[PDB]
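So, a structure with SAR125844 in it.
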Amino acid sequence: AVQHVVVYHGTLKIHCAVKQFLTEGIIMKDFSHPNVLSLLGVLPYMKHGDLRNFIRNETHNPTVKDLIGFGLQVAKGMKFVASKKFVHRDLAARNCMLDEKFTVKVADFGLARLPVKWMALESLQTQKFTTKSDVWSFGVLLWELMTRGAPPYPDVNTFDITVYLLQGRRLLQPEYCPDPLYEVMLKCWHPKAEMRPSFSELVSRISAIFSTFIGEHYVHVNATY
Ligand SMILES: O=C(NCCN1CCOCC1)Nc1nc2ccc(Sc3nnc4ccc(-c5ccc(F)cc5)nn34)cc2s1
């Protein structure tokens, strides 16, 4: 069963990277989606590396369309993962990768595997993780995308985040976030887990927002981040 399955550089020609083991080898191996990082048999090399570092790179010139497009690809990847009944537990821009085609692959799962500032409130309180808690995390990722990789809740110390949130607070709208995309993030952070959108609903809502843009709005980095 692990026979059909059979960090450092490598070749096969495909360029590659290399970092119970056999069981999860098989499990990781059957997750095939273009917005999900593959097991080659050893993972494909991602030319552009992590999503967070890429958007922070002061020499890159992402547009609003570009950033929303990355968020759309994450959502497609998570829609697939969620269909397989798998919970990520650590969705963050740091855990998403970008290839030579600028295709986003959700990574940091399986063999490649507390992120308190990305955690839903019920997970901060129960230490249990669901698909609905991934959705909350996804909303924080979108906020990362729109601020070009700013750290969330900058003046909040990890520990005190649950108290902060329980005062009635959320991340503020980034300067280059469209209003409808901020409403989407607010939905992802709905206080009741069951009221949060599914990943299928997020793919749908975000693809419509994405289609309204034409690549004319350059997103700049914030000085206070
Ligand atoms: O590094 C490059 N590309 C060059 C990047 N440069 C930088 C300077 O600008 C020019 C472009 N390709 C790579 N592919 C792969 C393929 C697999 C893996 S392991 C893995 N599995 N899940 C995850 C999830 C996240 C992270 C991660 C997090 C933070 C980081 F910082 C780097 C990697 N790793 N990870 C590593 C790499 S790294």
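Residues 1065-1070, 1092-1097, 1104-1110, 1123-1144, 1156-1227, 1245-1356, in that order, are what chain A shows, numbered as in the PDB entry. Indexing begins at 1, ligand by ligand and atom by atom, following the structure's order.
- What binds SAR125844 (ligand 1) most in this entry is, by the naming of UniProt, Hepatocyte growth factor receptor.
- The residues of other chains having a heavy atom under 4.0 Å from SAR125844 (ligand 1) are listed as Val1092, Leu1157, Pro1158, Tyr1159, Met1160, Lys1161, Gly1163, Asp1164, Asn1167, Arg1208, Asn1209, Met1211, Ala1221, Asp1222, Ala1226.
- For atom 34 (N) of SAR125844 (ligand 1), the closest non-hydrogen atom of the protein is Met1211 CE, 4.0 Å.
- Checked against a 3.5 angstrom limit, the closest N/O atoms of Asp1164 and SAR125844 (ligand 1) fall outside it.
- With respect to atom 16 (C) of SAR125844 (ligand 1), the closest heavy atom belonging to the protein is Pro1158 O, 3.8 Å.
- The N/O atoms of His1162, backbone and side chain alike, include none that comes under 3.5 Å of an N/O atom in SAR125844 (ligand 1).
- At under 3.5 Å, a nitrogen or oxygen of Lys1161, whether backbone or side chain, sits near a nitrogen or oxygen of SAR125844 (ligand 1).
- The UniProt domain of chain A that supplies most contacts to SAR125844 (ligand 1) is Protein kinase.
- The protein heavy atom nearest to atom 23 (C) of SAR125844 (ligand 1) is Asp1222 N, 3.6 Å.
- For chain A, the active-site residue flagged by UniProt that comes closest to SAR125844 (ligand 1), at the heavy-atom distance given to 1 Å, is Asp1204, 8 Å.
- Taking atom 20 (C) of SAR125844 (ligand 1) as the reference point, the nearest protein heavy-atom neighbour is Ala1226 CB, 4.4 Å.
- Annotation: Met1160 places an N or O atom under 3.5 Å from an N or O atom of SAR125844 (ligand 1); distance criterion only.
- Listed by number with element, the atoms of SAR125844 (ligand 1) under 4.0 Å from a non-hydrogen atom of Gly1163 are 2 (C), 3 (N).
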Can you give me a line-by-line list of nitrogen or oxygen pairs between SAR125844 (ligand 1) and the protein shorter than 3.5 Å?
residue, atom, partner, partner atom, Å
SAR125844 (ligand 1), 3 (N), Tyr1159, OH, 3.1
SAR125844 (ligand 1), 3 (N), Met1160, O, 3.0
SAR125844 (ligand 1), 3 (N), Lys1161, O, 3.2
SAR125844 (ligand 1), 12 (N), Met1160, O, 2.6
SAR125844 (ligand 1), 14 (N), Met1160, N, 3.2
SAR125844 (ligand 1), 22 (N), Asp1222, N, 3.0

